S.K.: 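Lab note: structure loaded, ligand of interest is prostaglandin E1.
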Amino acid sequence: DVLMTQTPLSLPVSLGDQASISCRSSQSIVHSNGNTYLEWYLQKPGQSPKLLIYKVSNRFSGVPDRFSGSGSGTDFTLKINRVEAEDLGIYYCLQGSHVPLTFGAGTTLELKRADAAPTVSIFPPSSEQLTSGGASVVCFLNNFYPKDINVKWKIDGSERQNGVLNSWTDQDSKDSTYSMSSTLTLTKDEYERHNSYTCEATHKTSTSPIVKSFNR
Amino acid sequence: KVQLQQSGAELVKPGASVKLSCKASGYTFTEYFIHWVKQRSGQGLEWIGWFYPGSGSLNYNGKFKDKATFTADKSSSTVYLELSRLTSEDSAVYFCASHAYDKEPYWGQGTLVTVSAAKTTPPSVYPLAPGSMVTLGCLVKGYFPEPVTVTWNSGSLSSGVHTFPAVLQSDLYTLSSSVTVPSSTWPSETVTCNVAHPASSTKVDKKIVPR
Ligand SMILES: CCCCC[C@H](O)/C=C/[C@H]1[C@H](O)CC(=O)[C@@H]1CCCCCCC(=O)O
């Protein structure tokens, strides 16, 4: 299959900036009929992808003229002349010349802001949950930037990997940060046979993790 | 105007099949291609195949050959995608797209498919209290299906709130919501999370009290 390689994976911009996104195909995507079927889409969370550009350089009806596409053969580029807030989201290229049709992995356009370390908070299981025979330990890693982050759980100083579920917010509309929740769920029985619970947040703002813990 | 109307969200039992529909208007039905596209939560787009209802011609992505079946009802300008023997990997949004040969495509709004054996179940709501600002939360666990609506203090507390996307575990959803307030306001003032679940027609409150 034709591989579509999009770069960059992530592009932080300020409103008003110029933006340029690249899409390279692993082989020529000139169709046998002479045309090149290369399309660009923008997708926001919870919405369908919206067509911006088709056949390399043609703007779909209703698309603002700040969007433009160009390219030839295996080398394609989408440009935004002065980014607006509604332009933030994930951009995909799609080749329609060779079956199976294939998409690039996406380029996220996000708002640039100052780097920020996460605010980390740990919570023991509620007495209500324990009465039900369950035990979830919750860690909030809040208002950090950039979005890349790792969380590690420790029980009695030992790394725990099973029973951990994570969830991430979209970029905040007010302060442009990201947040993450991590939940470690045990049986009540197992929870009461250990003492110390720890979640460690590793983010680019520091080589040392942010460590939050509590003791039963 | 070219329009594609996709069928409503589906809750599918594991192992069962489901048939999604895409009803077209605003053009000569038999003269446009229909494509189907899959998108798993937080992932990219994946092409399933194309179908030309005007001839019955089709092509599947080999990755979907044993999973997807395209059919049409010309008499109602409707195309169908049947997905067989569903697994967790089949939980996704499915989009249909239509175009004339060498012309721009028009996309439907997508149909959500969720695979679970669960019946309608209201959430259990648990307080998250700590052991100049303080962060509190509530854990909303074991509900089905989506969505729930979480507020704090009946909506009056909206700044500094993070409600996280739910995750499906053991066929049920779990999510958490955090709120950050000045330490001067809790526990000296009341902070309560409210959780509404339309499918079960329930709404419950949980006051956050210090342990
Ligand atoms: C999600 C996909 C949307 C459609 C993408 C693109 O716009 C479609 C391109 C078509 C083009 O219009 C004609 C063509 O050959 C491309 C591939 C799909 C039709 C294939 C039918 C006949 C054949 O197999 O050559």
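Each chain is given a letter, A onward, matching its sequence line's place in the list. Per the PDB entry, chain A residues shown: 1-216, in order. Using the PDB entry numbers, chain B covers 1-131, 138-217, in order. No hydrogens, no waters, no symmetry mates; every other heavy atom, side chains included, goes into these values. Read the numbers this way: they start at 1 and go in the same order the structure lists the ligands and their atoms.
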S.K.: Under the nomenclature of the PDB entry, which macromolecule has the greatest contact count with prostaglandin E1 (ligand 1)?
M.R.: mAb Fab H fragment
S.K.: Going by heavy atoms only, which other chains approach prostaglandin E1 (ligand 1) to less than 4.0 Å?
M.R.: A, B
S.K.: N/O to N/O below 3.5 Å, does that happen between B/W107 and prostaglandin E1 (ligand 1)?
M.R.: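 N/O-N/O distance below 3.5 Å does not exist for this pair.
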S.K.: Looking only at protein heavy atoms, identify the closest one to atom 10 (C) of prostaglandin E1 (ligand 1) and say how far it is in Å.
M.R.: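 Protein heavy atom at minimum distance: B/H99 CE1, 3.6 Å.
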S.K.: Looking only at protein heavy atoms, which one is nearest to atom 19 (C) of prostaglandin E1 (ligand 1), and what is the separation?
M.R.: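 Its nearest protein heavy-atom neighbour is B/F33 CE2, 3.9 Å.
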S.K.: In prostaglandin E1 (ligand 1), which numbered atoms sit nearer than 4.0 Å to a non-hydrogen atom of A/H31?
M.R.: 15 (O)
S.K.: Any idea what organism the entry names for chain B?
M.R.: Mus musculus
S.K.: Identify the closest protein heavy atom to atom 3 (C) of prostaglandin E1 (ligand 1): which residue and atom is it, and at what distance?
M.R.: B/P105 CB, 4.0 Å
S.K.: Looking only at protein heavy atoms, which one is nearest to atom 18 (C) of prostaglandin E1 (ligand 1), and how far off is it?
M.R.: B/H35 CE1, 3.9 Å
S.K.: Judging by distance only, is a nitrogen or oxygen of B/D102 under 3.5 angstrom from one on prostaglandin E1 (ligand 1)?
M.R.: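 B/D102 vs prostaglandin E1 (ligand 1): N/O contact under 3.5 Å present.
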S.K.: Taking heavy atoms and a distance under 4.0 Å, where does B/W50 meet prostaglandin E1 (ligand 1): side chain, backbone, both or neither?
M.R.: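 Looking at B/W50 and prostaglandin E1 (ligand 1), just side chain atoms fall under 4.0 Å.
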S.K.: Atom 16 (C) of prostaglandin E1 (ligand 1): which protein heavy atom is closest, and how many Å away?
M.R.: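 I find the closest protein heavy atom is A/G96 O, 3.1 Å.
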S.K.: Within prostaglandin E1 (ligand 1), which atoms have a heavy atom of A/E39 less than 4.0 Å away?
M.R.: 5 (C), 6 (C), 7 (O)
S.K.: Output the list of atoms in prostaglandin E1 (ligand 1) that are nearer than 4.0 Å to some heavy atom of B/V37, sorted by atom number.
M.R.: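 Within the 4.0 Å cut-off of B/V37, prostaglandin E1 (ligand 1) contributes 1 (C).
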S.K.: Looking only at distance, does A/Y41 have an N or O less than 3.5 Å from an N or O of prostaglandin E1 (ligand 1)?
M.R.: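 By distance alone, the answer is no.
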S.K.: Where's the contact between A/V99 and prostaglandin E1 (ligand 1), heavy-atom distance under 4.0 Å: side chain, backbone, both or neither?
M.R.: neither
S.K.: Just wondering, what label does the entry put on chain A?
M.R.: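 The PDB entry has it as mAb Fab L fragment.
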